[PDB]
Amino acid sequence: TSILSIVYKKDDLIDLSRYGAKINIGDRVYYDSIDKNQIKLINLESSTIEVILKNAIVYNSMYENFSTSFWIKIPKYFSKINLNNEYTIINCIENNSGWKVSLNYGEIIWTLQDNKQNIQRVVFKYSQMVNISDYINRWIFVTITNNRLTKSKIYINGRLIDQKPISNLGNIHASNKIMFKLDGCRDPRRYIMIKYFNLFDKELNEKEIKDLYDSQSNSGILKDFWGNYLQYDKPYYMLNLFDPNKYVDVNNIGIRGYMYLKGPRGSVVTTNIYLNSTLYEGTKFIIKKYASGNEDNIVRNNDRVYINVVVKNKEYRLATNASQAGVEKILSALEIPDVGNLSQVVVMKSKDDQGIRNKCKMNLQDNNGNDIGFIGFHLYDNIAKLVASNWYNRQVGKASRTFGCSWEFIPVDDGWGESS
Amino acid sequence: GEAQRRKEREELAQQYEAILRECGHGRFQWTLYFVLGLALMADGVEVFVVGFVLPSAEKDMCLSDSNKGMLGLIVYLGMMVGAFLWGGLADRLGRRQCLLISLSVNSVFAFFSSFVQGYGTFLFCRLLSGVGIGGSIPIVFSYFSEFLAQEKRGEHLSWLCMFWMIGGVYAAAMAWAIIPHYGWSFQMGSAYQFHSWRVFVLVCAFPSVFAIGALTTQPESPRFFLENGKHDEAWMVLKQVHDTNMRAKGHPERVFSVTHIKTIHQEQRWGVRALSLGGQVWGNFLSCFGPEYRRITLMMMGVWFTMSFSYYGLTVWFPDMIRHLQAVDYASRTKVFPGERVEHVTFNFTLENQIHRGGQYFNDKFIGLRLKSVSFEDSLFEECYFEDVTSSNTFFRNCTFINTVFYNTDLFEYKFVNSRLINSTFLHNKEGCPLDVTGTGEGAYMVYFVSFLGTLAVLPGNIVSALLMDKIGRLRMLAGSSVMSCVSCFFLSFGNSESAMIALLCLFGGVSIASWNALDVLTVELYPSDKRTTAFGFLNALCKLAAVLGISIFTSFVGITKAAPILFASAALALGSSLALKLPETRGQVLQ
Ligand SMILES: *[C@@H]1O[C@H](CO[C@@H]2O[C@@H](C)[C@@H](O)[C@@H](O)[C@@H]2O)[C@@H](O[C@@H]2O[C@H](CO)[C@@H](O)[C@H](O)[C@H]2NC(C)=O)[C@H](O)[C@H]1NC(C)=O
Ligand SMILES: *[C@@H]1O[C@H](CO)[C@@H](O)[C@H](O)[C@H]1NC(C)=O
Ligand SMILES: *[C@@H]1O[C@H](CO)[C@@H](O)[C@H](O)[C@H]1NC(C)=O
Ligand SMILES: CC[C@@H](C(N)=O)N1CCCC1=O
């Protein structure tokens with residue numbers, strides 16, 4: 001049911017579908033080292049991806065429903081130059097007729113234009129004043145459905161954001177060639193990322209789109225704050241989803257010193273461009289592989305690893321005393337040789353028992369494979385102290401709302417632009 | 001019917017005078033004088049507390065405007081409610097009973113407010129304390145008067161106004177001796193902090209407790225017993241007075257000759273009792289506005305209202321204007337530096353009262369600097385770095401920040417007025433109030449000194465009024481003092497320096513006190529013994545309401561002109577004096 005499916009291969013891009021669409025790529029198109037299947041497009045002329053379909057699959061009907069899907073990453077807009085700068089990213093428009101996706105300040109737009117130059121637009125809007133954003137500089141699954149008889153709809157990560165009737169529109173033509181380049185951007189240093197572009201000749205429903213989202217989500221592999229692959233031997237800042245205005249911090253070194261959530265988080269401001277909350281506050285959490293036999297640096301689910309703590313540019317280890325008072329017992333950072341037999345083994349957990357994708361959670365386990373439990377925070381005398389507990393596991397067993405068993409990894413990225 | 005009641009009341013008044021003349025003046029009267037003086041010193045103290053603690057409480061409880069102004073005028077709304085309520089209740093329950101209950105309420109809620117952390121809670125506590133201390137002046141004057149013979153009533157009642165002065169002197173001295181020690185940071189509970197102004201509040205509560213202690217050892221006034229049909233214990237109280245007096249004199253052998261006393265003939269449960277009390281008090285109130293007392297009561301309303309309005313207006317106005325003049329001098333001394341360009345260099349310094357304009361600082365780091373009333377205008381900071389910065393009354397208006405970092409600074413978002421920040425980060429912001437809270441330092445000593453001088457100015461008038469009240473008369477003294485107050489009000493313009501305001505404050509305070517004395521004596525003397533506390537307390541409540549209105553009005557006009565306060569004060573006092581000359585003469589009469 002798929003007509004175009006651009007997928008990475010050995011130093012090239014191919015089409016999974018049985019149509020053999022011609023592909024040509026510019027000399028300035030980049031690829032991520034770890035996840036090469038993601039494509040980076042900079043604001044230049046040579047940064048071009050041309051893919052040409054066949055004449056038998058060119059959209060030239062008037063009752064033909066069709067859908068598209070892709071993953072997109074849009075960095076932060078830093079200055080006023082990006083305001084009111086609607087710039088195109090994908091065109092299938094010839095003779096002023098076709099379909100086009102474009103980006104504006106906090107906006108992603110689908111545009112259809114028939115032979116009569118009638119323009120229909122669907123928009124997705126995300127703010128930039130928020131403390132922590134779910135869309136800025138983070139991967140987004142965008143899919144668009146077009147039913148010529150009822151409506152055209154937008155789905156962001158499988159949920160409905162906007163719909164507009166298109167019954168008024170007449171015959172819509174399409175270009176034989178389809179476009180990947182930043183067109184109409186005044187900003188000389190604005191780039192995007194795009195991957196997993198798929199086209200279907202029918203209107204997809206909620207169920208199929210949710211299935212596609214889950215399939216392409218890579219639920220079996222851990223993801224960071226920016227939606228990329230989690231890697232070992234790299235410093236990550238730490239965020240608690242339920243209490244995101246505090247950061248991991250230390251006070252004293254060793255067992256007698258406790259790691260806690262200190263706040264509040266600071267701010268980055270640009271006077272009516274963005275007023276986000278600082279994400280580079282606190283102490284880094286490096287991940288060290290222990291028993292994962294995989295050669296690659298990618299962290300997978302159920303992996304058993306170790307976690308370094310960077311305090312005054314010195315690397316310590318997570319451990320807690322297994323034998324102490326209560327289940328919500330205090331974790332600590334220790335000098336790397338003096339761990340002894342303290343519980344240090346941590347299991348990475350991304351998807352649940354049923355396989356439904358959720359955020360990163362770490363489960364402290366001992367040498368004997370006994371679950372100390374999920375890592376989180378609990379309040380002791382008004383201090384949010386870090387503790388590993390099986391209480392989270394108990395609520396998971398009871399299908400209750402766990403409180404604090406979810407962590408988020410934030411590496412330093414160029415798309416955020418914060419000053420360390 | 002009415003004639004019979006009038007005859008009975010007159011007979012009781014005449015015989016009561018006779019019994020008091022027999023008992024005589026001596027130790028009993030002086031003992032009661034000291035006790036009731038403490039009760040009045042408490043009310044003297046209570047009117048200074050919030051004004052002395054507001055400079056510290058504004059920082060300690062994050063007090064905005066429309067909150068400082070209210071806390072100021074709260075001791076007066078509470079006194080307004082309390083005066084009426086306890087004055088009305090004192091004629092059905094007794095003077096000493098109601099005095100104990102009101103003083104106890106005052107003491108409790110002052111103690112509570114000493115520890116309260118919030119603002120609304122502090123408002124409520126300080127309102128109830130005002131309610132409690134509201135009923136002090138009416139009960140006290142009406143209570144002491146019922147033990148004095150007509151020979152020297154004005155002289156002996158006027159001495160009772162020394163104590164209110166003493167209360168203010170106490171307040172000022174304790175504020176001077178306690179508040180200046182800002183270091184005291186007693187810690188009991190991490191979330192709470194105990195400063196020196198709270199200690200001041202506690203020590204201000206003390207006088208009221210001492211008042212209750214003293215009062216418990218005095219007897220209810222015999223007159224109240226006689227009106228309410230209770231004959232035996234009125235007899236016993238009069239016997240006690242006679243016994244104490246004569247034993248102190250040196251003749252502990254003579255006998256109380258009075259055997260029978262004329263007494264006014266008397267003609268769900270909780271709710272019924274409350275309704276009955278309310279009905280009786282309402283009756284006493286309206287009987288105060290009866291045919292026999294309607295002219296007197298309206299002249300009394302006029303005199304009380306006009307005097308309170310003028311006095312409170314000017315009393316709040318003089319410190320206001322002194323602060324205004326200080327401000328003007330400070331603003332005159334301000335230094336200006338228009339334009340300066342700075343390259344890589346470290347800046348530590350402390351600047352006070354400065355304006356830097358058109359600055360251009362490029363990659364400058366600001367470590368460990370204190371700003372007091374320093375404004376940066378039309379400046380450009382680029383790759384700057386602010387660390388360990390504490391600022392009072394500091395603003396950045398029309399400034400542009402580029403790639404600057406504010407680390408460990410209390411530069412909140414209200415100190416950047418119409419600024420433009422680009423790629424700027426705020427890290428580890430210091431704890432402070434969301435809005436400007438201003439700052440008061442070394443200038444509190446002079447505030448305490450000024451208060452002290454106000455009270456001391458009051459002293460000569462008290463002495464002279466007490467000595468001449470019976471020789472001259474209440475109407476003459478009231479008039480002669482209100483007129484001089486009006487003249488003093490006219491002389492206000494011949495003052496624009498701080499020293500001038502201090503001298504003028506002293507003059508006005510020294511002049512108005514005799515008028516206030518005379519109006520206290522007159523108001524006691526002019527009402528029957530079954531309505532004295534009710535009437536006195538309704539007039540005192542009116543006094544407090546006038547205080548609220550005059551404080552508001554006269555503080556509204558500070559720094560605007562010196563014509564509005566002079567005109568308002570002079571007009572009010574002239575009308576007060578005019579109305580006072582139309583009141584009936586009460587000297588050389590039995591207390592009826
Ligand atoms: C605001 O900052 C961004 C990111 O730059 C980072 O953050 C700054 C506060 C400062 O610490 C820089 O050294 C950091 O690199 C700027 O956007 C980037 O600018 C750099 C130039 O150094 C350029 O190489 C990147 O391509 C830019 N990225 C994008 C997506 O444009 C931005 O220029 C700053 N804002 C303004 C108004 O200049
Ligand atoms: C602070 O620095 C200034 C110059 O920036 C210097 O004159 C001064 O001596 C310093 N103070 C101390 C205590 O060193
Ligand atoms: C500062 O403010 C004035 C108006 O308030 C404006 O004209 C001026 O351009 C500003 N300063 C600079 C250097 O831009
Ligand atoms: C106790 C005295 C009291 C009064 N009612 O006379 N005073 C004196 C100055 C202002 C005031 O209310």
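Chain letters run A, B, ... following the sequence lines, proteins first, then strands; residues in each count from 1. Counting starts at 1 for both ligands and their atoms, in listed order.
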Engineer: Which polymer chain has more close contacts with ligand 4 than any other, using its name in the PDB entry?
Structural biologist: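 Main partner, per contacts: Synaptic vesicle glycoprotein 2A.
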Engineer: Say which drug appears at ligand 4.
Structural biologist: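 That would be levetiracetam.
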Engineer: Find all other chains that place a heavy atom under 4.0 Å from levetiracetam.
Structural biologist: B
Engineer: Hey, which residues are hanging around levetiracetam within 4.0 Å, heavy atoms only?
Structural biologist: B:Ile137, B:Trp164, B:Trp304, B:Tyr311, B:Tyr312, B:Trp516, B:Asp520
Engineer: For levetiracetam, which UniProt-numbered transmembrane segments of chain B (counting from the N terminus) have a heavy atom within less than 4.0 Å?
Structural biologist: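 Segments 4, 5, 7, 10, UniProt numbering, each with a heavy atom under 4.0 Å.
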